[PDB]
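Structure, sulbactam (bound form) included.
Naming convention: chains lettered A, B, ... in sequence-line order (proteins, then strands); numbering from 1 in each chain. Recorded method for this deposit: X-ray crystallography, 2.8 Å. Values below: every heavy atom of this structure, side chains too, minus hydrogens, waters and symmetry copies. For ligands, and for the atoms within them, numbers begin at 1 and follow the listed sequence.
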4 protein chains.
Amino acid sequence: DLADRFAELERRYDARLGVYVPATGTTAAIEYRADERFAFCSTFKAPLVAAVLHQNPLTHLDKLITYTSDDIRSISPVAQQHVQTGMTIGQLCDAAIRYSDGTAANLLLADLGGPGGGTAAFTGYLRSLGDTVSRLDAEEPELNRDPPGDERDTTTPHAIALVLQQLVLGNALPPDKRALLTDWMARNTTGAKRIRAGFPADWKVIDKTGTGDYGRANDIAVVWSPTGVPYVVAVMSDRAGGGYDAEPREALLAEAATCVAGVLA
Amino acid sequence: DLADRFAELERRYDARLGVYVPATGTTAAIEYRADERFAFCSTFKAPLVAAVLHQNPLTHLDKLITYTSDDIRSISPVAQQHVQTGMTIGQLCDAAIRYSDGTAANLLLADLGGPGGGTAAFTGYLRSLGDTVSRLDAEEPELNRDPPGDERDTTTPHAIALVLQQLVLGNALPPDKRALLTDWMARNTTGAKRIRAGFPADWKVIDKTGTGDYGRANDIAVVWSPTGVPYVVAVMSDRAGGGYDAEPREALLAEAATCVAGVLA
Amino acid sequence: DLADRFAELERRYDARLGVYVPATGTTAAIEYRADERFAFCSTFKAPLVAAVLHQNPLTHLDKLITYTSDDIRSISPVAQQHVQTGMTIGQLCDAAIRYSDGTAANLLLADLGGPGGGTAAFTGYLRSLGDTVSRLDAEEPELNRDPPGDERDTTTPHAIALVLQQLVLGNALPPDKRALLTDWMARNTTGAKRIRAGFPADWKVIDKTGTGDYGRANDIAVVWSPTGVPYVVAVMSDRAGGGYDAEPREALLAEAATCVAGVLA
Amino acid sequence: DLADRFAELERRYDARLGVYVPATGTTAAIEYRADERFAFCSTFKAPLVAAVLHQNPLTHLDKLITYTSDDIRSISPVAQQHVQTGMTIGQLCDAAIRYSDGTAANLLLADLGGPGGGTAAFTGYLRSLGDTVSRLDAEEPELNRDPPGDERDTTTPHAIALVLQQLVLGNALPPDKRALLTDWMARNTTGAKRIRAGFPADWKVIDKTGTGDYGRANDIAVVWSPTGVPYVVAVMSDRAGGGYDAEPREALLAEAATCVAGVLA
Ligand SMILES: *C(=O)/C=C/N[C@@H](C(=O)O)C(C)(C)S(=O)O
Ligand SMILES: *C(=O)/C=C/N[C@@H](C(=O)O)C(C)(C)S(=O)O
Ligand SMILES: CC1(C)[C@H](C(=O)O)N2C(=O)C[C@H]2S1(=O)=O
Ligand SMILES: CC1(C)[C@H](C(=O)O)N2C(=O)C[C@H]2S1(=O)=O
């Protein structure tokens with residue numbers, strides 16, 4: 001039984017593990033705490049980019065956004081370099097996915113517009129994909145430091161996996177805009193030690209990671225078998241019992257991904 | 001419950017699959033047709049080098065062996081290049097392991113001495129290691145085209161795994177000679193699409209492959225988890241029912257190796 | 001006579017190329033704009049690690065350095081992942097060389113101490129090696145955006161080649177610390193399409209790349225012939241005339257490296 | 001210029017070097033002893049295969065050829081294994097190119113028919129390509145042991161290069177047969193340490209090697225620049241005066257190929 005290995009990995013790493021792989025036409029669905037709530041962390045930046053692409057034409061990517069040093073509040077290796085020149089919506093998209101730039105996500109949230117800096121509009125976009133569970137309430141970096149048990153800024157492996165399936169595999173975006181999202185996730189630089197490290201090399205892997213306090217470590221991914229069969233793999237975890245400053249364990253997400261690959265083989 | 005995937009792979013590839021992983025101190029042993037006989041093929045070249053290392057001092061590796069054009073009876077990518085210069089016993093070991101050189105193996109068997117060109121002496125070495133099942137009767141390339149049902153030149157995944165464990169992990173060789181065999185298998189060039197391809201990249205893999213007629217494809221390996229735990233993986237397969245000219249399916253060994261990695265994670 | 005191909009490559013790529021290979025005991029020195037100033041870019045991280053290694057004992061590499069999210073000011077593929085756990089001086093060295101981590105370089109400069117966050121101390125280390133040309137004035141990522149004609153954060157291929165020669169080939173470091181620098185540059189991950197791509201596969205290549213605005217592309221390397229003769233190859237280039245957003249051309253450095261290989265053969 | 005490096009390599013490796021690169025539309029021709037005669041050695045098997053394709057229909061490749069153990073005269077790693085089942089002309093082609101099989105070459109020469117075991121027919125095919133210099137007089141392995149100064153079984157780097165140019169790049173064969181020849185040379189197993197070893201990895205290389213007595217070592221190849229520009233590189237060498245049992249030096253051909261790569265960069 002596979003759920004025995006997941007609970008074994010939970011005990012070995014002193015964490016709570018959540019795994020969901022939507023069932024394909026050939027294989028069954030993998031579930032472990034799939035309907036339990038985990039914090040979004042940086043993984044929300046993937047459907048955030050799709051939200052801007054969905055509501056705006058392709059020419060919107062050339063719009064230049066100027067910002068001040070007071071807007072830099074989270075880890076922003078790209079936004080800190082263009083404070084004087086500004087960045088276009090396209091560059092904010094590239095930074096929000098590949099480098100998980102915090103303020104780039106906050107600026108994209110503002111581009112969604114609406115109350116709460118665009119968090120209300122963002123959750124509304126998740127509702128259009130049929131997801132009535134996830135919700136974003138804060139901006140960066142507050143959405144990462146919510147206490148355990150709090151439902152604000154949380155999703156579930158079941159909910160986030162099906163969202164990612166419609167965006168990459170489904171037609172929730174036209175193919176011209178769908179290709180831009182996939183290329184950003186394919187050249188991601190922040191998830192080399194997670195789902196990518198758990199699957200063999202001849203498996204294609206695109207992903208968007210997430211890390212927060214309380215030992216939070218997420219990774220939502222779309223993998224391709226060596227023959228070309230696509231799957232959706234949502235792996236999230238936290239270590240609330242270890243405290244606020246608990247260290248996240250990337251090895252947990254990598255070990256769990258290898259268990260998923262063994263079943264899909 | 002892992003053997004359900006193995007039987008699914010046998011039906012998917014039209015082949016007979018044999019898998020054995022010796023049990024460690026923490027995990028149990030993986031077995032699938034583990035006590036059924038498969039053809040040695042070139043996998044016998046790994047304990048053959050260990051046999052030469054065991055019976056001779058380290059200075060014996062500098063002995064130069066000369067051979068004629070009539071000795072090149074099989075694919076010999078390294079021995080074919082030094083017919084004028086000759087090759088030392090050390091170079092014959094390197095070619096027999098890394099490039100699976102046939103003529104290098106035949107000369108090493110002759111260096112063992114005894115009846116049948118040293119095939120009796122080689123089997124005698126396996127008997128001293130506790131292997132009471134395997135047997136080598138022919139040389140290259142006759143040992144690769146034995147008819148199905150014939151027990152000549154055959155081993156079992158159970159037997160070959162335990163031999164490899166004693167040679168690499170156990171103390172069947174002194175550490176100075178143990179390091180030579182491990183380094184040769186570490187730089188193998190013929191098995192990139194088998195056990196190496198089924199395991200994630202952060203796993204260290206040393207191996208010696210084997211391929212013959214009747215769709216035969218073997219790969220004996222020693223893998224190391226990212227934390228440093230060693231395991232022994234013996235995967236063998238044939239497609240005898242498909243005839244003498246049956247094509248081997250390397251994807252079968254890679255898929256089976258991925259299933260093993262999920263259990264060992 | 002080799003400089004005819006170099007000027008032909010400059011015309012083909014619309015760039016300014018700088019090449020220098022210090023003369024060995026058998027061959028003469030290769031020079032092309034060798035005494036012209038090019039921007040340091042990330043090449044300064046190689047002698048920066050050597051500077052830290054020189055001034056501290058080997059046990060100093062275990063000192064844990066803590067940093068905040070505001071320190072992540074540039075592309076930092078390793079520093080972004082250990083903001084909560086912190087990184088040791090040894091890990092900062094590995095990240096600054098192999099992954100060209102920006103924040104790791106800034107922290108190592110702070111460990112050097114002195115004015116301007118340690119840029120003055122770094123320039124002082126180059127002066128002790130006989131380099132009276134180079135100079136580091138800013139930190140990451142400002143040192144890459146300097147305008148053309150400005151001497152700040154610039155070296156010359158003549159100067160950087162002799163610095164790299166003393167660190168790797170000379171005894172400017174004790175062998176225990178010298179071996180650490182060589183192994184880190186040998187496992188570099190950012191320069192597979194530059195000098196490494198210009199040399200045949202049987203040539204060992206260690207290097208540290210550098211890329212910035214104005215189409216800047218540098219690569220300082222130490223290569224070994226298949227027989228074991230070491231050489232030092234310093235290749236730098238920019239396209240300042242193309243503007244700030246000029247695209248760097250890695251093919252120029254790979255082609256220039258191939259021309260040098262023909263001479264050293 | 002460049003011919004000084006060739007004379008430097010000749011004096012260093014104690015050999016006689018012959019290099020020819022047919023001029024392209026952009027580059028000039030490389031010549032060094034290009035019109036001097038070197039022994040064909042195994043390089044004649046490349047235009048030999050093209051000869052069978054040219055005068056025979058595609059169905060001729062399925063014709064089964066039977067042979068006895070008395071026909072195995074030269075190094076035949078593939079012909080030694082099929083002395084009972086026999087091999088088709090197509091299998092004889094694959095063995096003659098990729099593994100430089102001796103008996104495979106003699107059987108194809110006999111398939112050409114005519115006087116002298118088909119050597120007269122083979123030279124006649126070379127004459128139709130405009131080559132009035134080369135000539136084949138013996139079979140394997142006699143064609144390799146001719147004394148120096150003897151014009152039997154010899155070609156020139158100028159003559160063999162232009163033949164290879166029409167066979168691979170030109171339309172001396174229809175594309176249906178031209179693709180078969182190119183794929184066989186691309187999967188060659190006997191020339192990894194010659195022209196292939198002298199060019200960088202991002203250069204594609206197909207070749208057919210040749211080795212004989214008197215330290216003879218040839219390699220005719222077709223290389224492709226990383227952008228896709230094809231060239232023809234003919235490198236031949238012997239070491240007359242060193243005796244019949246003189247050792248061939250593969251490093252000479254690899255070093256000379258690096259000099260060619262430096263010019264074409
Ligand atoms: C090891 O098992 C192989 C020797 N050669 C094989 C190969 O695939 O190269 C064969 C099957 C061609 S063989 O020599 O019977
Ligand atoms: C080495 O010091 C530089 C790296 N510079 C660039 C990079 O490739 O990461 C940037 C993006 C930091 S830059 O010059 O704005
Ligand atoms: C919230 C973060 C600043 C930022 C983030 O997820 O936005 N994280 C990393 O790069 C790890 C976690 S974090 O440091 O908590
Ligand atoms: C048979 C060869 C192709 C070639 C030959 O004789 O044609 N030989 C040498 O010079 C040694 C053997 S070989 O290289 O295998």
Partner of sulbactam (bound form, ligand 1) with greatest heavy-atom contacts, name from the PDB entry: Beta-lactamase
Chains touching sulbactam (bound form, ligand 1) at heavy-atom distance under 4.0 Å: B, D
Heavy-atom shell of 4.0 Å around sulbactam (bound form, ligand 1): B:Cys41, B:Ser42, B:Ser100, B:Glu140, B:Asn144, B:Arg145, B:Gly210, B:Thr211, B:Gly212, D:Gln81
Covalent tether of sulbactam (bound form, ligand 1) (residue, atom, or none): B:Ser42 OG
